[PDB]
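Complex: avibactam (bound form) / Beta-lactamase.
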Amino acid sequence: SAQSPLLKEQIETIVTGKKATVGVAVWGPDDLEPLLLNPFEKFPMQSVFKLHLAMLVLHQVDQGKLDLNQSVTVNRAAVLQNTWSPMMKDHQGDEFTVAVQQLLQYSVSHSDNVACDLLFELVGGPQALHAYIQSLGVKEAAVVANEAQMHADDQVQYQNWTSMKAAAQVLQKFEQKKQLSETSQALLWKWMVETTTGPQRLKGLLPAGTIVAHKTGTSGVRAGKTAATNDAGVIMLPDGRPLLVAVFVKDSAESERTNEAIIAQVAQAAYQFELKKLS
Ligand SMILES: *C(=O)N1C[C@H](NOS(=O)(=O)O)CC[C@H]1C(N)=O
């Protein structure tokens, strides 16, 4: 039993009248196709594309071009300034090197902007990641900018975009374990499960302790609007099977609490739809 009528209707009451454009992808483990909402919109990804980036970094690790214990120079003055980076507060000193593995964990789990931009340097920039996304057979998405360019120009975020179909496909290609070695896959799943970002988004209305591998993303506000409040992830159902849910709240005039509640409510509806199929 795939996407069926009261699921699409619960989603209907969650977004109708909200001053935002809400992208939705729901792919339960018995669905041939994802349920999509606003499938024709281009949703700015913000931090969500650190998942795509990590998959490319770990695929180049799997191909030997890089190594997880390979060191990278982090210079406090050289890197992207005045930005979100737990790495530049965790580590003291004017210059230090960290392993690619810690760059990955910082970018994926802590959504770190400096670590993310250093991984862009090692793989060949946004154009490397744009080619990789296409190489997975995902067409309706684009990546042209890094974190530094997005911080420099707030309109540039709209060109690092994905469609809801493309959001489902990357979540599926991550979840299905076929794009990466077993060691690389297992690190990415760990980083996506162990994040403490966005607790009120996909995890917000799920029972405590529900395993959710997910990547958040959020823009800043401008003139009382938030261009993007996103969360994309894999919910582990009680039988161990995956439920893929992505929600992208675009150009919202609602409060942050409402934007996250929208994400949470969709994830809950998809979740409870799957729970009644079992015990
Ligand atoms: C990611 O979108 N960002 C990095 C950082 N983490 O926020 S997140 O949990 O929504 O991913 C702060 C905001 C944002 C950015 N400006 O880069």
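Sequential numbering from 1 along the given sequence is applied to the chain's residues. For the numbers below, each heavy atom of this structure counts, side chains included, while hydrogens, waters and symmetry mates do not. In listed order, ligands and their atoms are each counted from 1.
Taking every non-hydrogen atom of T216 and a distance limit under 4.0 Å, the qualifying atoms of avibactam (bound form, ligand 1) come out as 8 (S), 9 (O), 10 (O), 11 (O).
For the ligand labelled avibactam (bound form, ligand 1), residue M150 lies outside the 4.0 Å heavy-atom shell. Checking only distances, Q46 never comes within under 3.5 Å of avibactam (bound form, ligand 1), N or O to N or O. In the structure, the covalent bond to avibactam (bound form, ligand 1) is made by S47 OG.
Heavy-atom proximity to atom 2 (O) of avibactam (bound form, ligand 1), evaluated over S47, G220, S219, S111, is greatest for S47. Residue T197 has no N or O atom closer than 3.5 Å to an N or O atom of avibactam (bound form, ligand 1). In this structure, atom 5 (C) of avibactam (bound form, ligand 1) lies nearest to the protein heavy atom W84 CD1, 3.5 Å.
Shown in contact with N113 at under 4.0 Å from a heavy atom are these atoms of avibactam (bound form, ligand 1), numbered in order with element: 4 (C), 15 (C), 17 (O).
Near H151, meaning under 4.0 Å from any of its heavy atoms, are these atoms of avibactam (bound form, ligand 1): 17 (O). Taking every non-hydrogen atom of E147 and a distance limit under 4.0 Å, the qualifying atoms of avibactam (bound form, ligand 1) come out as 17 (O). Atoms of avibactam (bound form, ligand 1) found under 4.0 Å from any heavy atom of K50 (numbered from 1 in listed order, with element): 1 (C), 4 (C). Within avibactam (bound form, ligand 1), counting atoms from 1 as listed, the ones closer than 4.0 Å to a heavy atom of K215 are 11 (O).
Measured on heavy atoms with a 4.0 Å cut-off, the binding site of avibactam (bound form, ligand 1) is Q46, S47, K50, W84, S111, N113, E147, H151, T197, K215, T216, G217, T218.
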